[PDB]
Amino acid sequence: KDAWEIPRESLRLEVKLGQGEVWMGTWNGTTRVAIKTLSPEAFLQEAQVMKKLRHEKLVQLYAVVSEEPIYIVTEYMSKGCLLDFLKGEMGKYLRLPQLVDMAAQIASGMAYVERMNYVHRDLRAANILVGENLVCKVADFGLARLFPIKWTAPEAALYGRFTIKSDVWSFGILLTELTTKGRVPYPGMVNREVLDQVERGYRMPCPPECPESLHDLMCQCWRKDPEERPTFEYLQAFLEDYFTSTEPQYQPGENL
Ligand SMILES: Cc1nc(Nc2ncc(C(=O)Nc3c(C)cccc3Cl)s2)cc(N2CCN(CCO)CC2)n1
């Protein structure tokens, strides 16, 4: 055992958040935590990745209970996943400046993943968590190592070529989720149709009210050639600086 191990006694599970299986609770009596119950060695591989990763915009591993029944413990993100946040009562007041900020924060987390030579493989709004003051943090490292086809770059879906560049593809798809309040990508298209179309050069259009400059950023993330796509470093700086350098005369609309 390493120094991330704790006694199971120290964990008070309370409110069930999700199943499939995450709980809200307390650790050592004072600490609000999230706890993920459950091959049990493939379940521990997630915590393995999470021990190596530490960044303000990645959900923080606190502790493991490496003996069955097993638990992974992290910081608690008060507002649940981005997907549900976007589609629920909060979503309707989110405008472009809040949404590009959330995206900058996600980009920043992924820039860290990029610097560390990791790949996420499951980057999407269902795998981002929201806290207080609209903090967004990259979650779910089950497929991370040193797939829903609608978010997955073609080379990775077909041939198994997952790289930081296919995460960049996924990020472009996540930007459509932000700007549509979390609608499923490629409306009215099934998986197979998405495959066929994307291969014939099809890309989703500019969502209503989304500046063309942001849609152009999506299209760059969606370059057929993985090496043509921008880095997260570029994405983070572009999105941080957006309302000064790229759309200085942005005007608020009904939806964005
Ligand atoms: C599904 C969900 N998670 C929430 N917070 C979480 N923080 C961290 C989470 C997590 O899974 N950590 C983790 C673990 C433990 C292991 C490996 C990897 C990881 Cl990343 S889950 C809050 C939440 N709420 C329900 C809806 N409510 C509606 C608001 O009105 C808000 C509150 N629901």
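Residue numbering for chain A follows the PDB entry; the residues present correspond to positions 257-276, 280-297, 303-410, 424-533, in that order. Order of listing sets the numbers, starting from 1, for every ligand and every atom in it. Structure method, as recorded: X-ray crystallography, 2.2 Å.
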If you look at ligand 1, which of dasatinib, pitavastatin, tetracycline would you identify there?
dasatinib
Which chain forms the largest contact interface with dasatinib when counted as heavy-atom pairs under 4.5 Å, and how does UniProt name it?
Proto-oncogene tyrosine-protein kinase Src
Heteroatom proximity flag, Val281 to dasatinib, N/O under 3.5 Å:
no
Of all the non-hydrogen atoms in the protein, which one sits nearest to atom 9 (C) of dasatinib, and at what distance?
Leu393 CD1, 3.5 Å
Tell me which UniProt domain of chain A holds most of the residues near dasatinib.
Protein kinase
Looking only at heavy atoms, is any part of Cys345 under 4.0 Å from dasatinib, and if so is it the side chain, the backbone, or both, or is it neither?
neither
Among all protein heavy atoms, pick out the one at the shortest distance from atom 23 (C) of dasatinib; state its residue, atom name and that distance to 0.1 Å.
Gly344 CA, 3.5 Å
Identify the closest protein heavy atom to atom 31 (C) of dasatinib: which residue and atom is it, and at what distance?
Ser342 O, 3.4 Å
Given the protein's heavy atoms, is any one of them under 4.0 Å from atom 27 (N) of dasatinib?
no
Return the residue and heavy-atom distance (to 1 Å) for the UniProt active-site residue of chain A nearest to dasatinib.
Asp386, 11 Å
Polar proximity dasatinib side, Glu310 side, N/O cut 3.5 Å exclusive
no
Taking heavy atoms under 4.0 Å, what residues and nucleotides bind dasatinib?
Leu273, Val281, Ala293, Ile294, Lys295, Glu310, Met314, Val323, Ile336, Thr338, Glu339, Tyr340, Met341, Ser342, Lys343, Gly344, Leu393, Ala403, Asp404
